*Asks:* 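Here you go, one structure.
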Amino acid sequence: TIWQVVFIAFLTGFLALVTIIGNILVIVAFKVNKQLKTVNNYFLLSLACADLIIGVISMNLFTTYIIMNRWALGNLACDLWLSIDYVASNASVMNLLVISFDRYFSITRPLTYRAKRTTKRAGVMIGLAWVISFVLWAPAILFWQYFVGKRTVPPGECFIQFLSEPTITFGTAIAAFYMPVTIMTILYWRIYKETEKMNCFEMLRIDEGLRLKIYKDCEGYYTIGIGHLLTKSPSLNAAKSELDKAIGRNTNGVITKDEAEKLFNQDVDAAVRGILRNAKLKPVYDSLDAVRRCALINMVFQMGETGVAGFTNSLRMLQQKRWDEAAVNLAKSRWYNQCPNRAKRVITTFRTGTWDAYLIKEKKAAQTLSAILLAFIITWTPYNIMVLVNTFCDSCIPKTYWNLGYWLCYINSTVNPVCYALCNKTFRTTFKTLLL
Ligand SMILES: C[N+]1(C)[C@@H]2C[C@@H](OC(=O)C(O)(c3cccs3)c3cccs3)C[C@H]1[C@@H]1O[C@@H]12
């Protein structure tokens, strides 16, 4: 009978169609919307590119492989198929690594990486990923039968020769899947917790500013980098003494772009830990929303834990949601008189709720990473765990389970473009305007 084989093959063909029309919709949408011409979208573009080539070639040739239960198109066809397949998938997981380190460096490195990232740099990183994936797999497959001497793969099958042993296969699974997964997992949980601090920075870049030399605040106080007050005394000799105390060497005045970035984070974390430690700042910080929190930090980042602890009547109104009543309550202080230009933008935040005074695009959690990673894990885990199982025995895993797990790794490339439309609304309207 085996008509179910033809039926299932048609389903996989349908699945392959959904994959290729889903990925080409992403490619087209990116090149016609103009509003999606950002860096992170270009990473999703290449991810869609890798899913496209693996959804138009790999899924089709594997369908015929399980259909006729053999490989009857020579050895070169099998070698080139597995090469392109593995490279594309390895470029896919490296791309996921790129995205993971992308918006993580956008957090930890506001100046080194975040303030220096173009579409050209993205193409280099992606291009580098494909080159690495190429060198790792393509010569390893092709030039292996020309290395040992004779081909192990018999006419009628199609697999990898240097993955004969289950030990070397499991080792590759660790270094190419388990290791990237744990990293992306660690990074993601260090993004979801540290996404609120990204916008905390842009406020301090407007108020305090950025400079490598040593200047003076809106009152004549020595400060280097991003709002880091070295000292309060009008003496330059002792000002640099505190500067070199934070760096580690004789800067003789000026610093670099990475040093200023480092000294910035040392004062922000000290402020936040200065809020939680303080008995009059901790309940206030926990009574405000995540958006109103950076505004409070801006006060602590400047005045200090003590300076903000001197506003008793003010902190009481913040907890009691007396925003407009606290807006005028903060307009009667030395801070509002000495450096008033920035105070107008801080107080406005406490009475409205949004940062329309500072403008700045809002950034909340990782809306894209959660979908694509969970999809990537759930789909590929039944295969890699099966490799772990296959390692400690032989006939413990049937060929059917290998084919299914191989297909589960294929639907990963199918769900990935669907994850794009199941998140951002800009991708939604662009997938809707198309096709008409
Ligand atoms: C979807 N794939 C195309 C197929 C199944 C998956 O296989 C895996 O997840 C593996 O750990 C292994 C494949 C083979 C031995 S260990 C990876 C390989 C490369 C990057 S991760 C991922 C890729 C890989 O080509 C196979």
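We count residues from 1, following the sequence as given. What's counted below: heavy atoms across the whole structure, side chains too, no hydrogens, waters or symmetry copies. Whatever order the structure lists them in is the order used to number ligands and atoms, beginning at 1.
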*Asks:* What drug shows up at ligand 1?
*Replies:*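 The name is tiotropium.
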*Asks:* Tell me which macromolecule has the most close contacts with tiotropium, using the naming in UniProt.
*Replies:*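 It is bound most extensively to Muscarinic acetylcholine receptor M3.
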*Asks:* If you number the transmembrane segments of chain A from the N terminus as UniProt does, which have a heavy atom under 4.0 Å from tiotropium?
*Replies:*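 UniProt segments with a heavy atom under 4.0 Å: 2, 3, 4, 5, 6, 7.
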